[PDB]
S.K.: 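Just downloaded a structure that has UK-453061 in it.
Lettering: A, B, C, ... assigned in the same order as the sequence lines. Note that chain A is numbered according to the PDB entry, with residues 1-557 shown in order. Residues 3-87, 91-217, 230-429, in that order, are what chain B shows, numbered as in the PDB entry. For ligands, and for the atoms within them, numbers begin at 1 and follow the listed sequence. Looks like X-ray crystallography, 3.2 Å, at least that's what the header says.
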Amino acid sequence: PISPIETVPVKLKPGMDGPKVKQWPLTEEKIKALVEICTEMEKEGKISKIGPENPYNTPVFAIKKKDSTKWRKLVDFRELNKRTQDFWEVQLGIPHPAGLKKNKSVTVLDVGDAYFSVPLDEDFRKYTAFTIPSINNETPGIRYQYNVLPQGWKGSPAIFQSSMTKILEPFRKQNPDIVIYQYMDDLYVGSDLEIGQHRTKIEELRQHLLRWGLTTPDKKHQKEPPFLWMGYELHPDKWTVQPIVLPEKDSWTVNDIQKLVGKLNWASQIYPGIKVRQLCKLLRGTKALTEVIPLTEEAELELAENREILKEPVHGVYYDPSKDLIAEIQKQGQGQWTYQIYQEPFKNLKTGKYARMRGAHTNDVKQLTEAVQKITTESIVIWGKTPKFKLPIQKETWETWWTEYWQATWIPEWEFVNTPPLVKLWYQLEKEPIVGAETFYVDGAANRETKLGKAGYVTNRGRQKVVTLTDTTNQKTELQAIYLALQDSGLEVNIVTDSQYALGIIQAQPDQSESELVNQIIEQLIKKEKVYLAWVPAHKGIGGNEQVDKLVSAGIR
Amino acid sequence: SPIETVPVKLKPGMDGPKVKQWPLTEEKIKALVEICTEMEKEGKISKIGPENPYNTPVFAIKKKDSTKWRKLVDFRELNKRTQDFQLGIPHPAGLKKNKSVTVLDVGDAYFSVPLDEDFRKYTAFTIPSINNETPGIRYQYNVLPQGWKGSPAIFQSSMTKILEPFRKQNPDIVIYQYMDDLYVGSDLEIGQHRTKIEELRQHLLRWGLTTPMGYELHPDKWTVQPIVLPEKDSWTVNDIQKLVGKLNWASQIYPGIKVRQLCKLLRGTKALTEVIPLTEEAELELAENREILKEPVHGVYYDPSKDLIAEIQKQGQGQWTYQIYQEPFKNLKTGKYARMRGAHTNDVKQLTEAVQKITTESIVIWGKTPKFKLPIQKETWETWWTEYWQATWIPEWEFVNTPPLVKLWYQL
Ligand SMILES: CCc1nn(CCO)c(CC)c1Oc1cc(C#N)cc(C#N)c1
């Protein structure tokens, strides 16, 4: 059918007019197919013959699907699409199974010949003009135009969507306790009614839809659980990921590892513990797709650990709006975090992992906070509410960090859970200068042209040292200088730098870095018993800084 | 009750806003649906089709002394693409000098004036749904929308008529309109002041707008807090070094600053804890600088062609410092914010309070909101700001990593 729904007024982009793309001369066979295909469509009101007036045209083509000798009609709307107004956006997200509410009875109804059952604005049809060419550019071809939403046109997905929304509205009002999910041409229906009433409610729905030009499958034609939906396997009381097969292979290509990471990240939705970090590392620099990449000992271990996890089929439960959501997070390793969300202890609605920030100097407290934030966002999207957190960090550790950190931070309602490895700060800078501790005045310089540099210090105990560095930057020398002072100092130290850069890094109590150097410094800071770090403006009559600036600057301009 | 609509126009080349809707809680979605289905019945808004490619974000807030959900539309994009907002509202310089200023929400007035038919499209917004089960509920405005700077610009004519009697009766009272609010300042005793506000609400009442003893500001008692120089008997190298740094920095703002005498004390590689007696010379320089820091700042002047910028620092113990300038260091205003009894455990809560306070002051002083540099993670702010937000307006903001020194310079 063709829905009796009021049409959506459509228009071309402001300073633009309809397409006028000439018809390529087509094969005798392809021309025959188009004629019959179009005759059928015309008979169903999908298209209509047009006068010579209409100056618009869009190319037409014909292709046959194999294992069958049945032709298909392809229209190239690339041009019309460039000229068509921008529309809204069908949806801002895809439903996640974990968000699906528990309902005794569920039915899937797909809207049949979707796009073709919806009318197109009459004032716009003129722009959908296409021509079946005559055997060898004989004379005028048979000219048609669409009356319905053309397959592959810009506004079809959005217009169909709206039409369905308008159609479903009255039924929604009269049946507030029934869930209907609109997804493309599909339609999923859920209720807490016993079959009987539900099949009746379904039938009533279909009748309302049919009364509006939309065909659906009848009982015996409806799909049965499990439902294989957009990568998922849906059962009435549980869900999981579509059967994942980890390819047993000797020699892996970039493409193979890419697909592997993909399936793994995908499986991470329900399978807890999946680690992908070591595999991603191999995908650095890549340069090729068919190039084979040898697996590191670490990747082989990671892959093996993943296999074990995937050997045992895991399932997810559905959402109960009456119960609270609980999210638990655990540290898997170096910058690796996993979480799980449930309502009833250990009956997971969903799983996930977190492993961001490319080592831009961070600690476990910052990471945990980031993971909490990420989880919070997805919970709002999926369930419309934030979960209660179970964190492997002491309230004391948390308060100490937050109160003293420069950035405003805030975790929703959480509770400590003794699940090792626990999150903690590995070292802490002193609040005031240490009495009876050597004071190192450090500094570093680097020549912009030569990339050569010097790093060193001078103490109050009269000590001195100056190292020469190759292929360095000002930043690296400043950090080198601090590293030097930490190496030659012992348990208690006061360090005075002129680098806001280094002060910034160290103050944030990092425990991980992409910089081998910063790691040296961290490793060294952990060993100390007491460390005080102060800053002074450079190029001033400031005793100490004024002097290190000499030996470090000499020979390096 | 339609009238002759004011034809609105986007900037040449500029196109309507296409800003994504951020996920909202079920609680807020429920509230917005209830509010919107009611505004639709009243003809203020109407459903729209997919042929409307525009979108503006929407949220749900609750003002102070209010337990009823309110709709807050984030028109920041549309506002930037409008002006028009052409015929603006002049900012009175007398407002910042009043003994007291009262803020009154007059947003309910805008729903009387119909919006230009050809502009309506640009006011489109979406009510999202949980787990994207349902496609968003789409609407657009038929009347002047709250939050759009075009509404007060258009409503000026009617606002001046409403206020004419009250104005002639109290020609010493200053009335400033900014977005959905009215700023009313007088030098009257608090008693008369409040009495005059009550009278003003009656005038507004006669025009259908119930304008509810609102937030009371005292711009007189606003004094730019200095940079603060310590006051100790004995000083260490560390203290002088901490002082030299602080002054070295401040010297970039206040020209009259000197540091040569103090720096003379810091010579040789001494231990940080070593006590150092200050020379009588350094004593003067120090005292002399403190005097400079008491007074404003010579050279800085508000330039109406340039944007206002506000930086905030977390000081700890519920304390926050902030600075307003148009060009870095050239501080037009500096201040402080201390957590009010309740937020005893929330950084985001305190930061949103501080932002609103600073924004309010900017409106009073310059009649413009500053662009904020927020010491927080975007996603965190994005997730929580609406939880404690109570203003009808929304300033522009960006997220930054506070330079550790800056905290000290402004530390109190
Ligand atoms: C109300 C729709 C619905 N609820 N539940 C939870 C049952 O307790 C399920 C699992 C079977 C549904 O079915 C879908 C089937 C397909 C398919 N094919 C897709 C989606 C979605 N989203 C949902």
S.K.: Provide the name in the PDB entry for the chain that contacts UK-453061 (ligand 1) most.
M.R.: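 The chief chain, as the PDB entry names it, is HIV-1 reverse transcriptase.
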S.K.: Write down the other chains that contact UK-453061 (ligand 1) with heavy atoms under 4.0 Å.
M.R.: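 The other chains with a heavy atom that near are A.
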S.K.: Specify the organism recorded in the entry for chain A.
M.R.: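 Per the PDB entry, it is Human immunodeficiency virus 1.
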S.K.: Define the binding site of UK-453061 (ligand 1) at 4.0 Å using heavy atoms, by chain and number.
M.R.: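 Non-hydrogen contacts come from A:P95, A:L100, A:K101, A:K102, A:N103, A:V106, A:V108, A:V179, A:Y181, A:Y188, A:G190, A:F227, A:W229, A:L234, A:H235, A:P236, A:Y318.
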